[PDB]
Amino acid sequence: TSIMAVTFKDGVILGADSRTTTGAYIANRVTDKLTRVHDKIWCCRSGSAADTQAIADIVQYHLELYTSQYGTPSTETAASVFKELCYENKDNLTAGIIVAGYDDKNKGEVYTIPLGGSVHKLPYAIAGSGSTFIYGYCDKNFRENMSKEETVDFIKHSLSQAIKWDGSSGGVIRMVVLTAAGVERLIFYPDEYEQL
Amino acid sequence: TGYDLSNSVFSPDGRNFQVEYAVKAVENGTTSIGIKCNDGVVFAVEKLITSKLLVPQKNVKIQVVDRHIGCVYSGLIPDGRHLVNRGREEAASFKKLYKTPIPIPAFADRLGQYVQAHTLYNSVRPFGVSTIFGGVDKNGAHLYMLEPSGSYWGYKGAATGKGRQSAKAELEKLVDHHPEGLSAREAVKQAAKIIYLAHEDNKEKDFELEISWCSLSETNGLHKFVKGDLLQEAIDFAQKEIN
Amino acid sequence: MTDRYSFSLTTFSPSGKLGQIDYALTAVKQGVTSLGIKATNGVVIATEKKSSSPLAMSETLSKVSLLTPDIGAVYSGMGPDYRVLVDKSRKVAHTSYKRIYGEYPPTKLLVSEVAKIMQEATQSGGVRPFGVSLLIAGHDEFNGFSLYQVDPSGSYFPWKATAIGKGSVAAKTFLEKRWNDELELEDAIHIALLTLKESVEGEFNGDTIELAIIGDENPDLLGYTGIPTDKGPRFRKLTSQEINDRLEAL
Amino acid sequence: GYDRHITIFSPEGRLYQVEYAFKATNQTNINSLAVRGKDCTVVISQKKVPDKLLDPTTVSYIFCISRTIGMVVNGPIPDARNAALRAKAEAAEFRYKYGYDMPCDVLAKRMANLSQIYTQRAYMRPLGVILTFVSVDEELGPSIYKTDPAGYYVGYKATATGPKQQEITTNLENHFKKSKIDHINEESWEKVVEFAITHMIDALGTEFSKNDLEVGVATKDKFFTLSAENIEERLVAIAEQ
Amino acid sequence: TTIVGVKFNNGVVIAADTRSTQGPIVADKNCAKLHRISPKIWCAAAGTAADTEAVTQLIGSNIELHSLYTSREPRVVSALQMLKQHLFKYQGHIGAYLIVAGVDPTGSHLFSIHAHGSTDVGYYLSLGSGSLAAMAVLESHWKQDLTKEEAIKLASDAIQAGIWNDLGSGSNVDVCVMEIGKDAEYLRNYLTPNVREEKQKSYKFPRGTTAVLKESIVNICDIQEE
Amino acid sequence: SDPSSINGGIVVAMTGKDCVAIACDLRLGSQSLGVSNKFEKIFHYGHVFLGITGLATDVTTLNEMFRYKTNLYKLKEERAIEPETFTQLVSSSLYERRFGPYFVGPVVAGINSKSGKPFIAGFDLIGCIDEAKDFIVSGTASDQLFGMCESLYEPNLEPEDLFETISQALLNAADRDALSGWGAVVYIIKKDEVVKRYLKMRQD
Amino acid sequence: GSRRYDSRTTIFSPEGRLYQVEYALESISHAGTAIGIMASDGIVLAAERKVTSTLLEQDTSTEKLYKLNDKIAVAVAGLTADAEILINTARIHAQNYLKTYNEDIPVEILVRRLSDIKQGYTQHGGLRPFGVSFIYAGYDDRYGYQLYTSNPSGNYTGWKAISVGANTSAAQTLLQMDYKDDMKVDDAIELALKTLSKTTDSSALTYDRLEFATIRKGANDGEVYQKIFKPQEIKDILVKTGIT
Amino acid sequence: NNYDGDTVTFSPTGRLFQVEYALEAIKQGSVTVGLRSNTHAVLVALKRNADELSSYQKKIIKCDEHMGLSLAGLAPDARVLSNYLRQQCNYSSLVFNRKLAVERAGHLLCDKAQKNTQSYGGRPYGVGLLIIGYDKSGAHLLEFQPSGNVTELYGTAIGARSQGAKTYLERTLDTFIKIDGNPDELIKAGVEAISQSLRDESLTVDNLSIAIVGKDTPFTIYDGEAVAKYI
Ligand SMILES: *C[C@@](C)(O)[C@](*)(O)[C@H](CC(C)C)NC(=O)[C@H](Cc1ccccc1)NC(=O)[C@H](CC(C)C)NC(=O)[C@H](CCc1ccccc1)NC(=O)CN1CCOCC1
Ligand SMILES: *C[C@@](C)(O)[C@](*)(O)[C@H](CC(C)C)NC(=O)[C@H](Cc1ccccc1)NC(=O)[C@H](CC(C)C)NC(=O)[C@H](CCc1ccccc1)NC(=O)CN1CCOCC1
Ligand SMILES: [Cl-]
Ligand SMILES: [Mg+2]
Ligand SMILES: [Mg+2]
Ligand SMILES: [Mg+2]
Ligand SMILES: [Mg+2]
């Protein structure tokens, strides 16, 4: 798995590869690892497929019930609910989750939640097995307040490299754009991103 | 008849007489008020000096919930404390799960549902307090008042206890004469005046004034007690207006 | 915040009466008429759709309920009590039978389970009895067609034909004259419509009458093909049009 | 006479506590109405703010239960809020367990089953409320389902609740007798709201300002309440024809 | 086991081989692995045989009660949600690996679910020991906008690949077709490419060949009258 | 250590023309030590026959359990349980001990009294059903029984022919297993008569 | 609180009686009569149905006579639904005993257990008692043929012949008059039907009004057979004895 | 009348009669006085005997080194509540290494008493308490009533004829508050205060019970010949 979320001028963009593995067999080559927990709060999933689905389903439930009572939850609140589940059930879970969302007040925000269940607010985040190969690249090429086109290219080039070197990552590059304008889904096929 | 002997029994009217009897305990208590201002809220209460032996400024009645919500009540004082203790548990579990401090409307319903639950069974007694509470959240200032039935609404100004009619009249004048709004420092002065004017209903024993406030500009959106020079300035303003 | 009612609310009075059961039976008497008739090749159950308002959509309120594919139920008395009993009856058919034996219970044993639930509301702590009488019609392989009545006490009896609720005394007399052991299902439907017309005041048509049968297997209603042994539900609710057709030959 | 204090049968086969809960329903002295369009379901209710010290924005008897389901209550606000919180929790739990949005009629059934339990179990009192649930259901289309303290529920072409319910009911009955259809044949929800307000004005015989009404609208995939200014726009259009 | 699912124009088809094993021995040559959850929701099972049966029957029972409660025809997403939460709770110990398909008022659907409780969406899927052989065929011949006839053909070919090349799979091909606006058609033993040849010899014995010590009638009847 | 092979033993069942046969060996041991030569493994509840191999304490426990359940069934239903229904009851009862199972290999055999149809079934220890047309095998010599049955069996055998086939399948399978044998019993079951035969076999 | 509405079902009166037990017995006195008669070669159970309607399906009906196991049966007087709760418990107890000891339960042990359950409802739990009286007819290899009765108090006693339900005073006088120790089953059948025929509140005793059963050690080769009589078989025995 | 059967029932004028009846048990109890200065806090208690052969019932209970109370009413209820205070003082020490504030001790007693007034089955506490202590904000005196109401005071008295001592303290307020660094003079003022509530009987050696806590003084109880000095 290779996943990332990147804040930019107009909001935040989430990105992921589409590979699911059983040993060295690719169980699913067109996986969707970008999952909606609220209208404009999404997450990138890595680790156990079962665990991250179970967690994400519970978080979606908690935020739906939050919305009914208190109105739209903040991205920080969504991250806190993820954290609570990951921290308290750390002994029984294998989940590495990036939470990304758009408010009008706070604009684009990214929170990363690694294995222990700690929370870390960051301008961008990378995770999954394939992320190890792009720490160097991402640190050198990330700038704050990038444009939409620049941020799409940054994620496309980054995950392209993660896919190239990690056997556990591959397939298509899926992205989800979160701005005031709404929610846009993007897809990029091997013939496009391999030749970069 | 017999419909008033047990809590949660509907009378033929469709009324719960035990709740209406709890309201009488509230009406018997000392006067307490709330004033919504431009960027916050002000709370004030009448403390009856039963004896010279009471230590001044020590028997504090107004209570804080979390760091941003103030609570005051009239009626059975222990019932009010029980409700605030629950309010503190509700605010803590909200902050634990969701990170952000509990919004005031959210907090209002937590108290409301808990008070309402004490009208559902004969094994419990209704609350013998009406509670005025509020503070500052992300959406601004909010003032609420909650009755023994579990009923609550938002308010521009609120009052309960023995001097409530007197206080309600004074609050209604402020709403008419200040449509653009009232400042936080103004609301403290006016709160002192209203408690002093409402004291004519409890005029036998002399009393002690106690004020608190939350304001975005004056207290950084945190609940604080009015103390020292600012308290004395409000007492002097109140003493001048009655004379 | 405690349930302190751990004691019986139904007790014996000096005369030997269980008051709450009698009073529940009185609530059943006030309820709308429903009936059941058993034929040689089927069973019919029927009742009036007493609409509380003409703005209300009476199609949404189902007085006649499927319990299993071969068992159906109708009532007289308190509608909400009936609705929760239908929920519990459907569930107990699975939990205490289908999940053990891999097949639906026979009519008499499902009746027995419903009866048990109603008995318990007549003895357990802090509850009143159910304010309904049920008529349960069904089929199973070894007992054939059957029709049962269940009362607030938990008592149940098998019937060739009967009626319960408002005009049950008159309706039972009407059925005694018309019923014989050589009736076909169509004859029983005809007799059910005649009997029910006497207890209805206002409009009498497919939209104000609710009628269902336990009859032949309906493979067209099954929803799938490929298993010869699964031949379809014997329970079928008659449509508004199907009722009106038989009212012309009445 | 302890058969009138708890939910056990009287000698007549009656539950007096259920009947008295029905009377608590009208304690607020508010009338509500619900109608169905082609693409929508509209619910209107009277709004009365007697005290000048009240914040009028917080005074409401319409609740957003889920994204698709709205609920208007006739009855005291504590019991209304009790019912609202439970319905919200039940709607969310349903989505989590079964993977799709709780239908309006199913939520109505669930809340009615809970109300039934309070009529059978002694330690719990009935809630003194009538709950009118509205949505545009993805299978059944525009939907109105109403629950009461007896645990009774049914679907409706249109409905009305409150002290003057019968006057509203007959007004609506007479309209549907003319048109010979189960709904308001109208494309936009705006005109269906205008119909609802107009027929309440005719039935009650009172005029309404922007602050005297409260409106809820269900469309496909959302339920929302109108602001005072949105209602004013509705009132202007009624007056101009 | 080899099980597959394939989406088409107006529905979805599932298929399975008919072999069940106990160690290296074939326990049943004509096993039925296509389980009906509800009339139009069916699923193919692989893994621990008792677990797949128990899990389909439990969720099928609760789906039936849910359908009666809501007055609505059951949805595939509901069967999926109930199956995954049950399997997650048991942390993989319930060894059920399933392909869940069906038609409902929302449309046609195809999912897979694994024993630990993860699910996936796809136009074509395979599970069991023969899933690699089946997926090879699916990855070579699948296209968008398949007809009913093309999808049945592709699904059975994918099972055949499992039958011939995987020692875990064998015998016959079972198919179930679920088309929108139609009854689901279960095709038991849709292909039979593994009939045993006639034996060379008859092994019927002469009567009296086996040595007997004692004979007796067994009373199977109840206690008699008179 | 392995509970399924402490005591030893086998059961086999076969269908014929308007008949079924079920058979078992008589050995009970503690690994190498032969203890009993009278330990029968076939029981009956009305007209439904149940054979059970595996851990002997569980064989006895499950016999007593299904006697209990089929007695209550009969009182409530007012009829004897049928083979198809009993099969489901066995499966339900085994699977409820999913994570602490009975270490057994049950085999159901009988004729449905209404349809007259011959019926056999087998199960694993957690209750999975194998409903075979031809034959069912169980026990420590199951491999051996599978081989014998798969070669010796032909469909539609008359009762007296089916006796010879099932007996030879059992005997020759038992003689290739250390923990089976020590005697054998064969039930021939027809719609309204059941014959039980003890077989002469080698006593080692 | 809830104390206000508690009837207090498990208290003594000033005279030392259990109110609810006494009132339950009053309920049972209105139920249809059931008679048990024990002979040297068998037991008879006869009972009168309460709800005469021509439209009642009799051949599939069971309100009075229930089977507990192959050796033991009961006749019911009182609330049928209450009785069925107890019957199913007794059926389970019998099978628990069979599972444990591999022997059919002795009659007294089953009777004691059910009677202890009834007793419990009179001493604790605050619930109403079961409004049921049973006649137990059974056989075991210790005492042979046995008749018992139990009532809502949980007290049980053994009998040569006994009645429960309606008109027991009248019924017990008639049985005490005509019963003898050397009596046989065929004679006991006649006595049971003659006693019901005189005590009945109905105009005449007919086949559609009766449930009838026998427990004989007159089965093939010294076993015990429970015969629950069919409607036609009750009609035949009514003609044979000379009542219709 | 009809509204006094249990603690869960309000009367039509909003009163809780069971709580008021519990309050009555305090008035029947023997007199006890509390007072304080800035440095010290004193309890004085008139102990009651059953007859001349009996002992005099102990009125004062130690809760911690820096806190204790005197009782009036049902003594077993004072034992339950003082045990609770002992535990809460102890919890504060073990978990936070912190001597429990006297004001916070009062809040805990209030909330414990309250729960018994709102739930069915239970009864209110039938005792009143005077808690003295010295903490980080100096000397303190509290009055506890079993309604839940707890009050901080310079001085007070509870029990039979307690109004006499309470009036004296109301006059003496300005004098005794200034008795700093002089424990014997503060006790004298307490003994003179309790004397205003006496009729017929006078203060003997085994009748009187005194306790004191202060700046460099642990909570200590004086009985017997230790109080002969003050008679
Ligand atoms: C590809 C990636 C970089 O790992 C990325 O994180 C993705 C993200 C998902 C799609 C959200 N993760 C996977 O693909 C996981 C990787 C993983 C494997 C094992 C433990 C943790 C993570 N793959 C799965 O979760 C896989 C999905 C199935 C195929 C639908 N599940 C398994 O492989 C299953 C997990 C068991 C498990 C669960 C939790 C902790 C530890 C173990 N494992 C097996 O089935 C093992 N397999 C081994 C080979 O023989 C067959 C059995
Ligand atoms: C065959 C296949 C290609 O793998 C395909 O997935 C099928 C699909 C089924 C029919 C839906 N799977 C099987 O046939 C399984 C394969 C399997 C075996 C063992 C573990 C997991 C999977 N077969 C069975 O489940 C088999 C069915 C019987 C033959 C009817 N059962 C067993 O082999 C049984 C499993 C026991 C078990 C217990 C706990 C956890 C998991 C499994 N094992 C035995 O019977 C072994 N032994 C027990 C003691 O007596 C002697 C035999
Ligand atoms: Cl429900
Ligand atoms: Mg790669
Ligand atoms: Mg109730
Ligand atoms: Mg051997
Ligand atoms: Mg040997």
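Residue numbers start from 1 in every chain, and the chains themselves are labelled A, B, ... in the order their sequence lines are given, proteins ahead of strands. Only a slice of the deposited entry appears, and the contacts counted are all within that slice. This deposition comes from X-ray crystallography, 2.3 Å. Basis for what follows: all heavy atoms, side chains included, without hydrogens, waters or symmetry-related copies. We count ligands from 1, going down the list as the structure has it; atoms in each ligand are counted the same way.
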Item to complete: Name the drug or drug candidate found at ligand 2.
Response: carfilzomib (bound form)
Practice prompt. Write down the name, per the PDB entry, of the macromolecule bound to carfilzomib (bound form, ligand 2) with the most contacts.
Written response: Proteasome subunit beta type-2
Worksheet item: Which chain letters belong to other chains having any non-hydrogen atom below 4.0 Å from carfilzomib (bound form, ligand 2)?
Response: E, F
Worksheet entry | carfilzomib (bound form, ligand 2) contacted by E:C31 (non-hydrogen, < 4.0 Å) | yes
Worksheet item: What entity name does the entry assign to chain F?
Response: Proteasome subunit beta type-3
Worksheet item: In carfilzomib (bound form, ligand 2), which numbered atoms sit nearer than 4.0 Å to a non-hydrogen atom of E:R19?
Response: 1 (C)
Fill in: Within-cutoff protein neighbour (heavy atom, under 4.0 Å) for atom 25 (O) of carfilzomib (bound form, ligand 2)
yes
Discussion item. How far is atom 23 (N) of carfilzomib (bound form, ligand 2) from the closest protein heavy atom, and which atom is that?
Written reply: E:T21 O, 3.0 Å
Worksheet item: Which covalent bond, if any, links carfilzomib (bound form, ligand 2) to the chain, stated as residue and atom?
Response: E:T1 OG1
Worksheet item: With atoms numbered from 1 as shown, which atoms in carfilzomib (bound form, ligand 2) lie under 4.0 angstrom from a non-hydrogen atom of E:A27?
Response: 29 (C)
Worksheet entry | Close approach, E:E53 and carfilzomib (bound form, ligand 2), non-hydrogen under 4.0 angstrom | no
Item to complete: Can you figure out which of E:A46, E:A44, E:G47, E:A49 has its heavy atom closest to atom 27 (C) of carfilzomib (bound form, ligand 2)?
Response: E:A49
Worksheet item: Which of the atoms in carfilzomib (bound form, ligand 2), numbered in the order shown and given with their element, are less than 4.0 Å from a heavy-atom of E:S129?
Response: 3 (C)
Fill in: Any non-hydrogen protein atom less than 4.0 Å away from atom 19 (C) of carfilzomib (bound form, ligand 2)
no
Worksheet item: Which of the UniProt-flagged active-site residues in chain E is closest to carfilzomib (bound form, ligand 2), and what is the least heavy-atom distance at 1 Å precision?
Response: E:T1, 1 Å
Worksheet item: Which residue from E:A45, F:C128, E:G95 reaches closest to atom 30 (C) of carfilzomib (bound form, ligand 2) through any of its heavy atoms?
Response: F:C128
Fill in: Element-labelled atoms of carfilzomib (bound form, ligand 2) that are located less than 4.0 Å from some non-hydrogen atom of E:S20
10 (C), 14 (O)
Fill in: Option whose closest heavy atom lies nearest to atom 36 (C) of carfilzomib (bound form, ligand 2), chosen from F:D2, F:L125, E:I94, F:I129
F:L125
Item to complete: Could you list which atoms of carfilzomib (bound form, ligand 2) come closer than 4.0 Å to a heavy atom of E:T1?
Response: 1 (C), 2 (C), 3 (C), 4 (O), 5 (C), 6 (O), 7 (C), 8 (C), 12 (N)
Practice prompt. Give a yes/no verdict on whether any heavy atom in F:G105 is under 4.0 Å from an atom of carfilzomib (bound form, ligand 2).
Written response: no
Worksheet entry | Contacting atoms of carfilzomib (bound form, ligand 2), where contact means under 4.0 angstrom from a heavy atom of E:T52 | 11 (C)
Practice prompt. Give, by chain and number, all residues and nucleotides of other chains with a heavy atom within 4.0 Å of carfilzomib (bound form, ligand 2).
Written response: E:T1, E:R19, E:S20, E:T21, E:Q22, E:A27, E:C31, E:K33, E:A45, E:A46, E:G47, E:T48, E:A49, E:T52, E:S129, E:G168, F:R98, F:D124, F:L125, F:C128
